[PDB]
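Next up: a structure with cyclothiazide.
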Amino acid sequence: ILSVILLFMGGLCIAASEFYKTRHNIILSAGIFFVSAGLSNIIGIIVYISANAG
Amino acid sequence: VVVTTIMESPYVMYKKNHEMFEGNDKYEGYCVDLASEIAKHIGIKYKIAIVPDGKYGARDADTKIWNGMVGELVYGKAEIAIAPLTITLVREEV
Amino acid sequence: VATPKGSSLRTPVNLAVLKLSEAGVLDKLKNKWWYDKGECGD
Amino acid sequence: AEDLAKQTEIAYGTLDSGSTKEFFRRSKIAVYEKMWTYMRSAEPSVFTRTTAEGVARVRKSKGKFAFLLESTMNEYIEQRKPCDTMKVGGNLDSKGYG
Amino acid sequence: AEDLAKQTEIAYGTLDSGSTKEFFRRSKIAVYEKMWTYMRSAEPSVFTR
Amino acid sequence: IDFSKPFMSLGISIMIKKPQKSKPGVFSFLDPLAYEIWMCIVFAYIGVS
Amino acid sequence: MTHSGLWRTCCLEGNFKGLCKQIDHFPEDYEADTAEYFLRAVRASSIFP
Ligand SMILES: NS(=O)(=O)c1cc2c(cc1Cl)N[C@H]([C@H]1C[C@H]3C=C[C@@H]1C3)NS2(=O)=O
Ligand SMILES: CCCCCCCCCCCCCCCC(=O)O
Ligand SMILES: CCCCCCCCCCCCCCCC(=O)O
Ligand SMILES: N[C@@H](CCC(=O)O)C(=O)O
Ligand SMILES: N[C@@H](CCC(=O)O)C(=O)O
């Protein structure tokens, strides 16, 4: 679920990057969210597989 | 019929509420479902009756008195002993 | 081990087979005519 | 069963007035006979009144006692709580219920 | 000796008129007896001179 | 006929022509680790980079 | 002893010394694993050599 939230948050930063064009840290914030979302997806897959081994 | 059986597990257990039923309904296990099947075919009304002395059965060499289920049948205190009763020679002659 | 209906050789045969089981006879018979005959054991 | 003869610290017994006890008494085997004499003269009482007492005693024993019983009763205890008993070794004789 | 009973392709025998041969003949053991009968009826001659 | 007590124990069973031992697969070098680990190693490799 | 070749095997020291026979690259002895059927197809046709 956290991965879904981070991807949604990253999308808003991309969407907001066409209004506040002067600001540049918005594009960086999106990059962190999409990378962080990927790392959260790794944990979810590992936990799901590990639990099914119980 | 007076069925003779002994309190073991999972042969004759009890339910989570064993204070309120009445009769054979209160017994559950492997030798109570088998007894139902054995009596549904032959067509008899069995009555479960837990062995009083509470032993599987043996013969005291001293007095030759057969105790337990095996000794609960030779005298005439029951007919059908549906329980775990291994087959041995000491019991095959009685 | 069967026997014809009424045959007086029912009660001695039954008990007999039960004698062999409590003496370690049957178990040894099985171990010898089965396991020992193993011609294909890295 | 042979491994029991290899030691004496660990005790063992059989249920009273039950087929298993009668088997050792009349067993004319070299190993089974030995066991019948070890337990009959061993203090305190190893021949438990009921199976429930014997199994519980082995649990509290922590490994110094081995309970000898039929396989069928040895399969609704290893798969039931607290799941602290295990069957070691095959069967000694082939018998059935009736 | 037991491992011999596990197979039949490999043959075996004992010297003639020698203590070893007499041991199997009169051995009242379960395994040794079996061997005495395997060799006595086995062709060709395993009992070397 | 009046049967007696079982002297031995049996039971129906399927017999099949013993299938010869197989040759380890062409990609047997992936066997030491489960398919899940290989999948996660790829994800870790991408994530770390 | 046979000096087997890529296509046909022949005879060496023996009763026959020149007799050659086309090798049967698909011998029937069982089952033909789909990965084993494609190895013997590439072998038989010697496409790579
Ligand atoms: N293990 S076995 O199949 O060789 C084997 C199987 C069996 C044997 C004896 C042997 Cl040796 N005897 C028992 C018999 C003894 C008494 C208990 C059950 C019957 C009456 N039947 S069995 O349980 O079918
Ligand atoms: C619970 C784990 C959360 C992981 C995801 C959190 C990502 C946070 C991203 C913040 C980016 C900030 C970049 C701009 C910083 C600045 O203003 O200097
Ligand atoms: C890009 C060109 C690549 C050429 C080399 C690829 C060779 C692939 C394998 C060819 C032979 C395969 C034989 C069957 C193997 C098997 O399934 O056991
Ligand atoms: N039920 C068996 C005995 C069971 C046991 O000794 O554990 C009998 O016929 O006596
Ligand atoms: N030395 C043996 C003969 C050799 C053997 O028995 O193998 C004997 O006293 O007869």
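Letters go in sequence order (proteins before strands), and every chain restarts at 1. What's counted below: heavy atoms across the whole structure, side chains too, no hydrogens, waters or symmetry copies. Each ligand, and each atom within it, is numbered from 1 in the order the structure gives. The displayed model is a subset of the deposited entry, and contacts were enumerated within the subset.
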Positions of cyclothiazide in the model: ligand 1
Chief binding partner for cyclothiazide by contacts (from the PDB entry): Isoform 2 of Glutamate receptor 4
Other-chain contacts of cyclothiazide, heavy atoms, cut-off 4.0 Å: B, C, D, F
Heavy-atom shell of 4.0 Å around cyclothiazide: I87(B), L18(C), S21(C), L26(C), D27(C), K30(C), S94(D), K95(D), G96(D), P6(F), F7(F), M8(F), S9(F)
Source organism of chain F (PDB entry): Rattus norvegicus
